[PDB]
Novice: 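Structure with R-roscovitine attached for reference.
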Amino acid sequence: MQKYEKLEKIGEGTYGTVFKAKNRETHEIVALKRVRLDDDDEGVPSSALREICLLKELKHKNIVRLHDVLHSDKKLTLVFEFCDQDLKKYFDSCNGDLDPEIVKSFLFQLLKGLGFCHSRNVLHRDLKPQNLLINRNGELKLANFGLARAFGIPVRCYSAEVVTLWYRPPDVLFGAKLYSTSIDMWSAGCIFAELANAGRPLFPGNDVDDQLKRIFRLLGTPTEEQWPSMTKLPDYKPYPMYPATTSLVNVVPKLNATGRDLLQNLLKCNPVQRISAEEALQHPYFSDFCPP
Amino acid sequence: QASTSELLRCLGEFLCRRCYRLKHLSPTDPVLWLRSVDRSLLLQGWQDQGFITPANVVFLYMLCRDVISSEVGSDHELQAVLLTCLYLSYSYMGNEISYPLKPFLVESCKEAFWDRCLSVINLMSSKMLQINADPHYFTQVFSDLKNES
Ligand SMILES: CC[C@H](CO)Nc1nc(NCc2ccccc2)c2ncn(C(C)C)c2n1
């Protein structure tokens with residue numbers, strides 16, 4: 001813009017370029033998301049307008065804060081708070097070795113931000129480390145709402161082509177057209193496991209089939225009794241029955257019994273069985289903690 | 001009166017009543033402009049299915065009732081405004097991540113379209129969420145749309 005001095009390029013987002021900038025009047029450091037409006041990449045403004053609409057209504061310390069939107073030229077500039085790094089880069093800086101208390105802090109803050117979105121009827125649908133911003137304060141912020149949507153209005157279906165593959169729940173992998181807040185709860189469980197280990201994705205599948213196998217191989221294959229509507233989903237196919245007796249101990253070594261119990265509650269295959277963000281924050285894993 | 005065609009007619013009849021200066025506007029004109037966009041997006045492969053559903057028409061009406069001035073001076077202007085509201089409904093409620101600008105743009109001035117987009121979001125972002133989060137508000141808007149016939 002003309003109110004802002006560009007200091008450097010942070011990277012590319014889902015629909016624009018991200019810069020670190022300084023407000024020439026208040027001297028505050030901000031982040032700018034710039035979006036070209038004279039496209040040859042035709043649909044990009046659409047996701048930006050959606051992000052603006054949602055973030056205007058999502059004001060919470062653990063959700064990245066949109067301050068302003070400027071329209072100045074052939075571009076839309078969104079002005080956000082600046083954050084120092086994303087969780088993916090943070091994993092590289094600390095050799096994927098988080099202290100257990102930072103593991104707890106990051107999950108807690110993620111669940112607070114996600115709880116706030118869910119209670120305001122918004123699904124994020126792109127929960128992954130790169131969409132989590134970290135401050136030197138140690139504050140964590142949910143960012144990048146370009147794939148997010150409001151929910152509640154009667155709808156035929158939602159898109160099943162949501163969430164990066166590694167973070168997508170089994171029901172959506174089986175092609176579920178209707179999902180709730182549960183979709184983001186699975187992804188948060190996936191992140192929890194990265195935090196509580198060595199910062200590598202728990203389920204790095206190469207495609208939908210591989211992804212489902214990875215999940216079932218660790219967690220066990222759900223039975224009809226645990227998940228009666230599983231066989232009725234649009235892209236259901238029979239999987240092998242892997243036992244539910246596989247230990248999580250070595251998969252998340254930073255976690256105690258209480259931590260492993262919360263993880264298993266997030267990583268339920270049946271979305272109806274998945275713990276809500278509100279209930280996860282009441283979990284004994286967070287009972288002796290800092291903020292409240 | 002929960003059919004898509006019926007509600008679209010209700011919206012067309014509402015727009016004719018709202019825009020009193022437009023003496024030669026047919027209530028079928030808005031219906032035609034909306035259907036054309038949805039059909040073109042389908043045929044050109046931007047979407048798998050049509051966006052114009054009963055609930056999305058209620059959503060669009062909720063935007064139009066607050067955004068569209070009684071003082072609109074031309075049919076062309078109405079179309080530009082309505083298509084702005086439609087494009088924001090696609091961006092907010094649609095199942096694809098992006099929709100292109102071309103079917104929605106009827107003005108020579110692109111920058112007036114983006115300015116109107118931001119002005120509408122500034123006015124409506126709260127209600128756009130509320131109509132999802134509050135089923136009684138949705139029902140009230142759907143009832144109002146019906147009573148426009
Ligand atoms: C573009 C890549 C990076 C992905 O997290 N995005 C990013 N990264 C941000 N900060 C982390 C970072 C800073 C510098 C280099 C690399 C990462 C950041 N701060 C505010 N915002 C948005 C919400 C405008 C930020 N966006």
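The sequence lines fix the lettering, A, B, ..., with proteins before strands; numbering per chain opens at 1. When the header is checked for method, it gives X-ray crystallography, 2.2 Å. Both counts, for ligands and for their atoms, begin at 1 and track the order of listing.
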Novice: Hey, quick one: which chain has the most contacts with R-roscovitine in this structure? I'd like the name as UniProt has it.
Specialist: Cyclin-dependent kinase 5
Novice: For R-roscovitine, which other chains fall inside a heavy-atom cut-off of 4.0 Å?
Specialist: A
Novice: Can you name the atoms of R-roscovitine, numbered from 1 with element, that are less than 4.0 Å from a heavy atom of A:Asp86?
Specialist: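 It comes down to these atoms of R-roscovitine: 4 (C), 5 (O), 11 (C).
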Novice: Which one of the active-site residues that UniProt assigns to chain A is nearest R-roscovitine, with the shortest heavy-atom distance given to 1 Å?
Specialist: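 By heavy-atom distance, the closest UniProt active-site residue is A:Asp126, 10 Å.
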Novice: Heavy-atom contacts with A:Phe80 under 4.0 Å: which atoms of R-roscovitine show up? List them by number with element.
Specialist: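 Matching atoms, with element in brackets: 23 (C), 24 (C).
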Novice: Hey, which atoms in R-roscovitine end up nearer than 4.0 Å to a heavy atom of A:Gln85?
Specialist: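 Listed by number with element: 11 (C), 12 (C).
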Novice: Can you list the UniProt ATP-binding residues of chain A with a heavy atom under 4.0 Å from R-roscovitine?
Specialist: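 A heavy atom under 4.0 Å occurs in these UniProt residues: A:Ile10, A:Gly11, A:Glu12, A:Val18.
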Novice: With a 4.0 Å cut-off on heavy atoms, does A:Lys141 reach R-roscovitine?
Specialist: no
Novice: Compute the shortest N/O to N/O distance between A:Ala31 and R-roscovitine and return yes if it is under 3.5 Å, no if not.
Specialist: no
Novice: Please work out, at 4.0 Å between heavy atoms, whether the side chain, the backbone, both, or neither of A:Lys20 comes within that distance of R-roscovitine.
Specialist: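 For A:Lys20, there is no contact with R-roscovitine at all, from either part.
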Novice: For R-roscovitine, what is the UniProt domain of chain A harbouring most contacting residues?
Specialist: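 That would be UniProt domain Protein kinase.
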Novice: Using a 4.0 Å cutoff against the non-hydrogen atoms of A:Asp84, which atoms of R-roscovitine qualify?
Specialist: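 It comes down to these atoms of R-roscovitine: 11 (C), 12 (C), 13 (C), 14 (C).
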Novice: Which residues are in the binding site of R-roscovitine, using 4.0 Å as the heavy-atom cut-off?
Specialist: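 With heavy atoms under 4.0 Å, it is A:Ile10, A:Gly11, A:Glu12, A:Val18, A:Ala31, A:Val64, A:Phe80, A:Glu81, A:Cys83, A:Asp84, A:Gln85, A:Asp86, A:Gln130, A:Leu133.
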Novice: Are any protein N/O atoms closer than 3.5 Å to the N/O atoms of R-roscovitine? If there are, list each pair with names and the distance to one decimal place.
Specialist:
| unit_1 | atom_1 | unit_2 | atom_2 | d |
| --- | --- | --- | --- | --- |
| R-roscovitine | 5 (O) | A:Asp86 | OD2 | 3.4 |
| R-roscovitine | 5 (O) | A:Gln130 | O | 2.8 |
| R-roscovitine | 10 (N) | A:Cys83 | O | 2.8 |
| R-roscovitine | 19 (N) | A:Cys83 | N | 3.3 |

